[PDB]
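Entry below: contains acarbose.
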Amino acid sequence: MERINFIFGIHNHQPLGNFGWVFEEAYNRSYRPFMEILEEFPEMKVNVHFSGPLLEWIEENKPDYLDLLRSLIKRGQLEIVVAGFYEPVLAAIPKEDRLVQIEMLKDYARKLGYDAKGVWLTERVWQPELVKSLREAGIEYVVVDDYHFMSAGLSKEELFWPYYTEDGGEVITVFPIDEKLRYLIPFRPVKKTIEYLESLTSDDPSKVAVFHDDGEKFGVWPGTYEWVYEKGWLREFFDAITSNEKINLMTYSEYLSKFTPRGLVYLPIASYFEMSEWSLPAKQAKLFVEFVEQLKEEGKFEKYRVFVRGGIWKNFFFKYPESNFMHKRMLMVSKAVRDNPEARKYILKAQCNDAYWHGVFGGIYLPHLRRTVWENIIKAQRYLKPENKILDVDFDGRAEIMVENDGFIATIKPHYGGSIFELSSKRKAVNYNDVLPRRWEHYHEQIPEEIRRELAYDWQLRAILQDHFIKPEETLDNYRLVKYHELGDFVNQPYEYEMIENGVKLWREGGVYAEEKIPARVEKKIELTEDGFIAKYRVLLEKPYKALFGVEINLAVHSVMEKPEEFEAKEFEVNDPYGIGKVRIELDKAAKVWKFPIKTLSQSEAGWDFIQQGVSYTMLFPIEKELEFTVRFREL
Ligand SMILES: C[C@H]1O[C@H](O[C@H]2[C@H](O)[C@@H](O)[C@@H](O[C@H]3[C@H](O)[C@@H](O)[C@@H](O)O[C@@H]3CO)O[C@@H]2CO)[C@H](O)[C@@H](O)[C@@H]1N[C@H]1C=C(CO)[C@@H](O)[C@H](O)[C@H]1O
Ligand SMILES: [Ca+2]
């Protein structure tokens with residue numbers, strides 16, 4: 001009967017911090033071939049979204065590509081879709097930042113010759129109040145998933161039309177991405193998509209199905225270049241989709257200029273379905289997966305999927321404390337820097353979402369993406385006057401201590417081993433502790449043997465000046481892996497503190513539990529210096545007992561595929577050119593240095609691999625009753 005309207009869109013994005021070859025590959029593998037083929041089919045209509053950095057990379061490297069986009073826009077083949085310039089997850093940044101973020105990209109769209117009216121929701125993380133924000137930015141529609149609607153209570157059958165939604169008395173139009181099309185396109189043969197769309201036709205001329213997904217899926221994703229281009233999937237699809245009398249191709253704006261949204265509906269906090277898995281704590285994510293698989297295993301996932309639920313994106317801040325700290329620190333800086341445009345631009349760049357979470361691969365686990373966020377938090381803050389302060393930054397209920405001078409910002413957590421969790425260099429714009437601890441993930445456990453022997457999961461978070469207590473006969477390999485016997489209770493327990501001039505005095509009354517609790521007291525005087533910091537230690541035991549006290553210092557060493565190593569040293573240097581640079585650790589007394597890379601499990605189609613998140617340096621000093629020494633970190 002009536003034709004079925006079809007909306008085709010792509011979303012192109014490269015997170016800040018990506019290697020140059022990555023942009024080049026995505027452009028050659030996807031961005032360019034895709035538009036060249038679109039140019040060949042005058043009747044094809046595409047709704048495309050480009051992230052700000054991407055458009056900036058293109059203007060600098062591939063200017064001609066922009067002339068092609070202007071042309072296609074001019075011939076009615078492209079509707080430019082926007083969002084937050086630097087791909088922030090809108091719901092996770094200040095409302096003020098949402099405005100400027102979107103307008104920066106609206107300005108760019110405008111320069112391609114198109115007044116953007118729609119927004120691609122980054123990671124489709126929805127919150128009711130985004131309505132107000134999108135509305136203030138002049139946006140008339142946002143792109144979400146069918147799953148957001150199913151979660152609200154509607155059945156898939158009533159999701160082939162866009163809907164209105166309101167908040168604060170403001171209303172905006174919402175289009176749902178048909179999950180099926182995300183799997184049919186472009187991975188399955190063309191006929192599979194044509195058959196599906198044709199079966200959707202009804203007596204309702206306004207019915208519409210929506211496809212909108214990653215542009216990189218058409219060429220970059222493993223295997224897609226061969227399938228989409230070498231084997232002609234795109235050319236065959238564009239020909240089929242434009243030569244079908246039951247399928248009416250149109251852009252989002254064209255649809256709204258002809259059909260009114262079906263009605264009013266309210267959406268919960270959600271994202272696309274797959275995200276319901278990743279955003280759950282590892283244990284629960286595993287259960288979620290078992291549940292989904294067992295439903296499919298009993299051929300009943302299809303009729304019951306509308307009731308399946310999982311986590312929400314913001315909970316990555318719970319799953320990864322390092323992401324939460326990163327996030328809250330940028331929120332802190334965004335506020336203090338809001339009236340300074342030059343400074344503010346840096347904080348807006350720090351809101352690029354990728355490094356804040358982890359799906360099946362990458363994200364927060366890629367040091368280069370993480371350092372880029374930190375790099376920007378630091379550059380924005382550098383415009384502010386240094387000022388020490390006590391406050392609960394990551395909201396765990398126990399204040400942090402921020403000590404800072406003209407060249408550094410150190411964040412101490414008295415509650416957790418009185419350690420330094422953040423040592424940011426204002427000169428290098430690097431956080432020396434921009435590392436991650438080794439954690440189990442629901443998708444772990446197949447993994448090869450060569451890697452299993454190097455796998456280990458931490459019980460300790462990782463910071464700087466982490467006080468240990470091990471047996472003289474303890475081995476590096478036992479320590480490296482988490483097998484060793486930690487005699488003390490100072491690594492993850494609270495420390496008393498006293499503020500001083502340019503630093504803090506920390507001390508803890510604990511004990512060295514071996515054969516009997518032997519009460520101990522660790523003291524550390526941390527003071528910021530112009531090129532780092534210095535810590536004067538004074539360990540004390542209540543009763544004699546041969547042992548080894550160790551001060552651990554984790555470092556965001558990224559470009560140094562370091563390996564386990566133990567050596568004798570009073571002072572040693574570290575040279576990490578592409579990461580934290582050059583630094584020196586000086587002791588006033590020699591010690592046994594234990595070094596090892598922090599390895600994290602990374603899954604790819606090329607099997608399992610390892611990502612070095614940083615390196616741990618532990619300076620061991622023997623102790624029986626009294627121990628006194630000084631450690632100095634120096635930035636070169
Ligand atoms: C992370 C990604 O999730 C969503 O993507 C899903 C695709 O739409 C699905 O079709 C499916 O793709 C798999 C193929 O079916 C399969 O045959 C094989 O080729 O592997 C594909 C990938 O596993 O599953 C995808 C989820 O795994 C979503 O639509 C997409 O926008 C999301 N991409 C964002 C995430 C990151 C990571 O930080 C960014 O690099 C992207 O630019 C974002 O758009
Ligand atoms: Ca806290």
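Count residues from 1 along the sequence. Order of listing sets the numbers, starting from 1, for every ligand and every atom in it.
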Q | Place of acarbose in the structure, all copies | A | ligand 1
task: Find the chain with the greatest contact count to acarbose and give its name in the PDB entry.
output: 4-alpha-glucanotransferase
Using heavy-atom distances only, which candidate in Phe273, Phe361, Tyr356, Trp278 approaches atom 27 (O) of acarbose most closely? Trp278
Residue portion contacting acarbose (non-hydrogen atoms closer than 4.0 Å) for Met275:
neither
For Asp213, atoms of acarbose separated by under 4.0 Å from a heavy atom:
7 (C), 8 (O), 28 (C), 29 (O), 30 (C), 31 (O)
Exercise. For acarbose, which atoms sit closer than 4.0 Å to a heavy atom of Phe187?
Worked result: 10 (O), 14 (C), 15 (O), 19 (O)
Using a 4.0 Å heavy-atom threshold (strictly under), name the region of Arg124 that reaches acarbose: side chain, backbone, both or neither.
side chain
Exercise for review: Have a look at acarbose and work out which part of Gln14, if any, has a heavy atom under 4.0 Å from it: side chain, backbone, both or neither.
Suggested key: neither
**Prompt:** In acarbose, which numbered atoms sit nearer than 4.0 Å to a non-hydrogen atom of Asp354?
**Reply:** 36 (C), 37 (C), 38 (O), 39 (C), 40 (O)
Could you pull out, from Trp357, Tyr272, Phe211, the option with a heavy atom nearest to atom 3 (O) of acarbose?
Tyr272
> Side chain, backbone, both or neither: which part of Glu274 has a heavy atom under 4.0 Å from acarbose?
Replying inline: side chain
Review point. Looking at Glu123, which atoms of acarbose are within less than 4.0 Å of one of its heavy atoms?
Key: 34 (C), 35 (C), 36 (C), 43 (C)
By chain and residue number, what forms the binding site of acarbose with heavy atoms closer than 4.0 Å? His11, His13, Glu123, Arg124, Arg182, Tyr183, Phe187, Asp213, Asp214, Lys217, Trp221, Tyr272, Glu274, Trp278, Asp354, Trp357
